[PDB]
Amino acid sequence: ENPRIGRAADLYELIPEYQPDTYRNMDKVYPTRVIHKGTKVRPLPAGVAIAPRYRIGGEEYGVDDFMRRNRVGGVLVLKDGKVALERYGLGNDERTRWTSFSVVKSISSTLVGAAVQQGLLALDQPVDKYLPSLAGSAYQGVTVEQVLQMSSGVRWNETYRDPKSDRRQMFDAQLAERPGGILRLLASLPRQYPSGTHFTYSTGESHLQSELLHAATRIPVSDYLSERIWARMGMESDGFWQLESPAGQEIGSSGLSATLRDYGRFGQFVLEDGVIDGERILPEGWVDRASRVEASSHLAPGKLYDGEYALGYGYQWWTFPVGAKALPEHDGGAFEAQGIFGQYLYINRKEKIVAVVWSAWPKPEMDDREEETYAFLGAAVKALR
Amino acid sequence: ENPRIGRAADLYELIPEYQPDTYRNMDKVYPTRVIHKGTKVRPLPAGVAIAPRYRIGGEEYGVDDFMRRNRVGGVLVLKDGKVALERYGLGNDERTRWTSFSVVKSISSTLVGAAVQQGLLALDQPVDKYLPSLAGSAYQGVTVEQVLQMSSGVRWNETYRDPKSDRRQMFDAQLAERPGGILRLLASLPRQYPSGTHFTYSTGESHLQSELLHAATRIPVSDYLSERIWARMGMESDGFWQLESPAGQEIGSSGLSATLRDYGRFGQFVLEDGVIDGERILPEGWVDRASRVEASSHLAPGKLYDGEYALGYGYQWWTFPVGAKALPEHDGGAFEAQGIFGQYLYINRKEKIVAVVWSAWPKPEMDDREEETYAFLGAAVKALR
Amino acid sequence: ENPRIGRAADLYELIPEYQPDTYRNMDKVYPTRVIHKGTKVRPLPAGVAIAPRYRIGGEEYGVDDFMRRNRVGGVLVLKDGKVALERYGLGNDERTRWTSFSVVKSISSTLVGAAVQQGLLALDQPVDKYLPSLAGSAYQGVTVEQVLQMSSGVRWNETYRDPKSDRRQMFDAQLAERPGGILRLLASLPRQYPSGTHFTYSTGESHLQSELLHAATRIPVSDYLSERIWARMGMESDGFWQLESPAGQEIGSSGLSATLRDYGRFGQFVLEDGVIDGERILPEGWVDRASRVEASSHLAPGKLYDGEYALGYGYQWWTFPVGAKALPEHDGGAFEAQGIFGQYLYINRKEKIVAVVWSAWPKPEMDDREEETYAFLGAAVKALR
Ligand SMILES: *C(=O)[C@@H]([C@@H]1NC(C(=O)O)=C(S[C@@H]2CN[C@H](C(=O)N(C)C)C2)[C@@H]1C)[C@@H](C)O
Ligand SMILES: *C(=O)[C@@H]([C@@H]1NC(C(=O)O)=C(S[C@@H]2CN[C@H](C(=O)N(C)C)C2)[C@@H]1C)[C@@H](C)O
Ligand SMILES: *C(=O)[C@@H]([C@@H]1NC(C(=O)O)=C(S[C@@H]2CN[C@H](C(=O)N(C)C)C2)[C@@H]1C)[C@@H](C)O
Ligand SMILES: [Mg+2]
Ligand SMILES: [Mg+2]
Ligand SMILES: [Mg+2]
Ligand SMILES: [Zn+2]
Ligand SMILES: [Zn+2]
Ligand SMILES: [Zn+2]
Ligand SMILES: [Zn+2]
């Protein structure tokens with residue numbers, strides 16, 4: 001059959017028949033830059049054999065059930081750096097490169113960490129020091145760490161279904177492909193809270209990470225990701241990264257594509273504290289900082305979204321609750337990247353576990369499928385004890 | 001020789017040496033989407049050949065003379081589904097894919113027919129129901145039928161060589177490649193007449209068919225054309241369709257490319273009332289409605305352009321006069337698609353004739369070349385009697 | 001080896017690791033059109049190898065030292081049409097196509113010359129005769145010759161580093177890829193000096209050569225260059241030329257890529273007075289007018305930039321002083337094209353010498369390295385006497 005690839009403008013409203021083919025062919029739809037691999041590839045050898053089962057409603061389900069019910073296109077579970085489980089669906093295979101959506105927020109964050117290690121960014125510096133086009137804007141004075149914590153205080157209307165929202169204006173900037181358009185949008189925004197006091201999920205603010213990384217390194221973010229990680233630990237396959245315009249700027253908040261085992265290798269890099277062959281790519285304590293759960297902080301689990309989301313926020317990572325509030329099997333400081341339509345990159349340092357889930361849910365957010373994904377993941381964590 | 005391909009901005013002004021090469025290489029100039037063929041092809045067996053000859057001035061002319069005088073790059077005459085004539089010129093061959101200009105208006109309209117047959121669009125419904133971008137403009141309340149009949153009554157200046165004309169504006173929006181630029185222009189236009197009362201040929205109004213089709217099916221129009229026609233009856237070759245923007249929206253009013261016999265197959269589809277292998281693709285009575293001649297209607301042949309044009313208008317088809325006013329050998333309810341610089345798709349149901357003409361006239365409109373084409377086609381209809 | 005290619009917006013600010021790869025891969029960064037070669041290639045036979053040496057400070061330097069000191073990617077010296085010196089650096093070889101920056105202004109000027117020979121342009125005619133969208137602008141009444149001499153009198157701010165300059169707006173128009181955007185900028189500019197009295201280096205005015213060439217020939221400028229010179233002389237390889245937009249208009253002031261020996265062939269065309277195989281392409285006396293040094297002219301050597309620059313101007317060519325103020329070895333009427341970061345095309349008719357220099361200086365203009373380039377070229381001239 002011919003590939004069913006949607007219009008560029010319809011990415012967030014494709015019919016189910018068009019999602020898998022578009023999600024794995026984003027380079028046919030948007031401008032992109034190649035994230036090059038190297039010549040050495042980090043091995044992912046076979047590991048513990050598991051057949052995880054979980055209970056929901058009153059019924060028991062295995063892996064094929066999970067994948068059928070949630071329209072899952074890929075599942076990878078790494079234990080101790082070794083493949084415990086690897087499945088493909090929806091026509092995907094080991095060579096498929098699938099798009100990240102907001103999962104790439106956590107990759108950008110980790111690269112900011114690499115830039116901190118090199119001295120090229122500092123958490124404490126104001127964003128306008130690196131990005132002079134923000135001079136005079138509400139972002140002037142906001143720090144890099146405040147951007148990482150979605151706590152700039154700049155007013156941001158994220159609702160996609162409001163034609164007037166900032167997220168829709170940013171998506172139209174992308175579709176227009178005029179370089180610097182998102183930055184100009186961000187520079188127009190008024191301030192609403194004191195900086196550092198208020199969580200507002202902003203896809204534009206997350207994009208600012210990509211802008212900062214380019215400004216600090218003076219090379220394309222895709223090449224920095226390659227030199228710091230993709231070619232250094234050794235991913236198996238090139239990736240690629242959606243840009244704002246041709247040969248332009250990577251979208252910091254969305255649009256990275258990679259093989260399933262390469263998403264897993266990135267997770268394994270984070271699980272291993274950023275160390276590749278004895279050299280520290282990430283600052284000492286970076287992963288602890290980026291996934292920190294502090295009871296008094298306004299980012300703590302339970303405290304976001306009027307109190308009815310369970311997960312907190314770190315440096316562009318969602319943080320699982322700890323202690324009495326923990327979700328079953330996800331205690332000990334688990335954290336994750338997520339993207340709409342059911343993309344997950346789950347890291348459990350206590351258990352040395354990395355999980356990657358690729359999905360094509362009909363709708364961008366579905367609470368029952370998120371909760372099912374966590375039940376399935378917790379059953380895998382339980383079976384790997 | 002390497003191909004002589006014009007700048008994208010110059011499509012309506014190319015010098016004669018750049019016209020044939022550009023018209024068969026439009027995918028090297030503009031963004032395009034592929035119209036996929038199937039694996040079965042509807043045959044076009046050879047019939048009894050014809051060598052029609054006709055008189056102009058005091059001179060008699062064959063097909064070769066006609067081809068030379070009108071700078072014809074292709075002519076195809078089908079008689080009851082069989083090839084009575086097939087000639088190529090200007091360096092074209094059987095595999096050449098030549099652009100349609102406004103001939104695609106009639107393809108889009110027929111796809112609207114297919115959507116009516118599937119219950120996805122209705123002639124009496126307003127266009128802004130399907131196209132929210134039109135709500136609050138002078139198109140609000142205009143019905144799908146009135147769009148097909150170029151009778152919205154919205155003020156539209158079609159003249160090309162005036163820089164500030166609406167047609168030039170819409171071409172500028174295509175050349176900018178911003179998704180939705182054409183719809184934004186259309187939404188900015190004032191009402192001039194009550195709708196359903198006055199014919200105004202508008203290339204933007206005709207594009208609305210493309211936008212309506214995607215809004216009702218939620219798949220690219222190229223893919224709807226493929227599933228409904230191009231892969232169902234089986235064209236011999238892929239087509240392609242010019243877009244407003246990279247991976248964007250098909251131009252409903254211009255810019256489809258296909259081989260000469262695939263244009264013939266589409267004419268045959270219409271001639272055969274939109275049935276393929278016993279399946280109805282078009283509503284019963286669609287072709288009749290779409291080529292309607294009613295003396296009372298403002299659309300009747302002889303009323304358009306305040307009497308100075310012999311042809312009337314249907315559902316984006318031009319209608320030939322019937323009765324006493326018939327042009328020689330074109331009685332019985334013949335109708336046609338046409339495009340500037342000499343493109344024709346002529347359908348004579350009485351005679352069971354489909355004819356395709358590809359030309360590269362130096363100017364977009366030459367009355368004398370139009371008249372000579374009707375004289376040649378009439379000679380061909382006569383020869384096939 | 002994956003090339004280190006910058007963001008399109010960063011061309012004038014790349015870090016050194018990114019300059020050589022980007023300069024030879026501009027077709028991966030901007031829209032381009034191919035400049036096609038022909039079927040025959042004009043040979044550049046081997047001559048007597050020279051090993052020029054010159055003294056800077058108190059030190060002897062040869063070709064290798066020149067090259068390592070000024071980060072030179074290529075050097076070609078032709079004497080009487082024969083290769084006296086040919087060296088590649090920075091990873092380049094005989095098939096590299098390296099970008100020209102402003103060197104192409106002199107190519108555009110020479111094509112205007114070709115159009116004057118064919119009668120399609122005239123030096124004393126106003127540019128708004130050929131570009132009607134400049135009627136009513138500061139260019140109204142400005143002649144073709146005045147544009148050639150950078151002497152339109154239109155007010156123009158070249159400052160790259162000022163974000164509001166006209167050069168920045170031009171480059172923004174380019175990045176936004178909207179057809180005709182540069183001409184729109186040009187038509188917005190106010191009058192400053194009476195036309196043909198003062199020299200103001202204007203990248204936009206130089207781009208105007210390209211717009212004029214297309215208006216007067218009605219074919220893409222790349223194809224005109226091909227038919228007049230590239231395919232006729234016999235270049236060795238295709239070139240290509242940066243555009244304003246995909247399949248759009250060539251940038252008249254920047255962005256041509258060619259192999260080293262093909263730049264040499266173009267210089268040799270100029271040196272042979274614009275005749276190829278007995279077919280005169282440039283008007284008699286064109287090279288004379290285009291490189292004129294006339295002490296009473298506002299363009300004479302020593303008059304530009306309040307007398308702070310040794311070189312005068314001609315038809316988009318820089319002219320070396322003659323007489324008592326001649327640079328050593330550079331007397332007799334030498335002239336050159338130059339481009340930022342160290343690109344030179346030097347033509348010395350008296351000595352029958354053509355020199356091409358390709359460099360990747362860290363900064364656009366470094367006076368020190370320019371002076372050293374002229375001392376090295378002078379040493380070549382001496383060695384070639
Ligand atoms: C990333 O995939 C997109 C953004 N990510 C989310 C998200 O967090 O799911 C939203 S915002 C919206 C707020 N309430 C929901 C939520 O937080 N959860 C279900 C956890 C989702 C964006 C669409 C980005 C590509 O725009
Ligand atoms: C399609 O080819 C272009 C439009 N088609 C015509 C046309 O051929 O009719 C016009 S302009 C004007 C309106 N009616 C005149 C006419 O009756 N004939 C040529 C027969 C010409 C447009 C330019 C479309 C791509 O704009
Ligand atoms: C060409 O490479 C760029 C333009 N070229 C020049 C140039 O000729 O160096 C400049 S402007 C600058 C102003 N005065 C300079 C000079 O020659 N001296 C100070 C001695 C020339 C442009 C940037 C083009 C790509 O824009
Ligand atoms: Mg196993
Ligand atoms: Mg019905
Ligand atoms: Mg020769
Ligand atoms: Zn850069
Ligand atoms: Zn309505
Ligand atoms: Zn769609
Ligand atoms: Zn043209």
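First the proteins, then the strands, lettered A, B, ... as listed; each starts at 1. When reading the values below, keep in mind they use all heavy atoms of this one structure, side chains included, and skip hydrogens, waters and symmetry mates. Order of appearance sets the numbers: ligands from 1, and atoms from 1 within every ligand.
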For ligand 3, what drug is listed?
-> meropenem (bound form)
Which chain makes more heavy-atom contacts with meropenem (bound form, ligand 3) than any other chain, name per the PDB entry?
-> Class C beta-lactamase-related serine hydrolase
What are the letters of the other chains having a heavy atom under 4.0 Å from meropenem (bound form, ligand 3)?
-> C
Decide whether the shortest distance between a heavy atom of C:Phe341 and an atom of meropenem (bound form, ligand 3) is less than 4.0 Å.
-> no
Which organism does the entry credit as the source of chain C?
-> Pseudomonas aeruginosa
Taking distance alone, with no angle check, do C:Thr203 and meropenem (bound form, ligand 3) share an N/O pair under 3.5 Å?
-> yes
Going by heavy atoms, is C:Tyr160 under 4.0 Å from meropenem (bound form, ligand 3)?
-> no
Meropenem (bound form, ligand 3) N/O within reach of C:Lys105 N/O, cut-off under 3.5 Å | no
Counting from 1, what meropenem (bound form, ligand 3) atoms have a heavy atom of C:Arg167 closer than 4.0 Å?
-> 26 (O)
Write out the residue and atom name of the closest protein heavy atom to atom 10 (C) of meropenem (bound form, ligand 3), then the distance separating them to 0.1 Å.
-> C:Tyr201 CE2, 3.5 Å
Do me a favour and list the nearest non-hydrogen protein atom to atom 24 (C) of meropenem (bound form, ligand 3) with residue, atom name and distance?
-> C:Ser102 OG, 2.8 Å
Meropenem (bound form, ligand 3) covalent link, residue and atom or none = C:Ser102 OG
Location of contacts on C:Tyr12 toward meropenem (bound form, ligand 3), heavy atoms closer than 4.0 Å = side chain
Of the protein's non-hydrogen atoms, which lies at the shortest distance from atom 16 (C) of meropenem (bound form, ligand 3), and what is that distance?
-> C:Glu365 OE1, 3.2 Å
With only distance considered, is C:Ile340 within less than 3.5 Å of meropenem (bound form, ligand 3) through an N or O on each side?
-> yes
How far is atom 13 (C) of meropenem (bound form, ligand 3) from its nearest protein heavy atom, and which residue and atom is that?
-> C:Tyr305 OH, 3.6 Å
Consider every N or O of C:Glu370 and every N or O of meropenem (bound form, ligand 3), then say whether any pair is closer than 3.5 Å.
-> no
Using a non-hydrogen cut-off of 4.0 Å, what is the binding site of meropenem (bound form, ligand 3)?
-> C:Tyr12, C:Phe101, C:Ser102, C:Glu158, C:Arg167, C:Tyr201, C:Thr203, C:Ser254, C:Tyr305, C:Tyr309, C:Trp318, C:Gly339, C:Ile340, C:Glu365
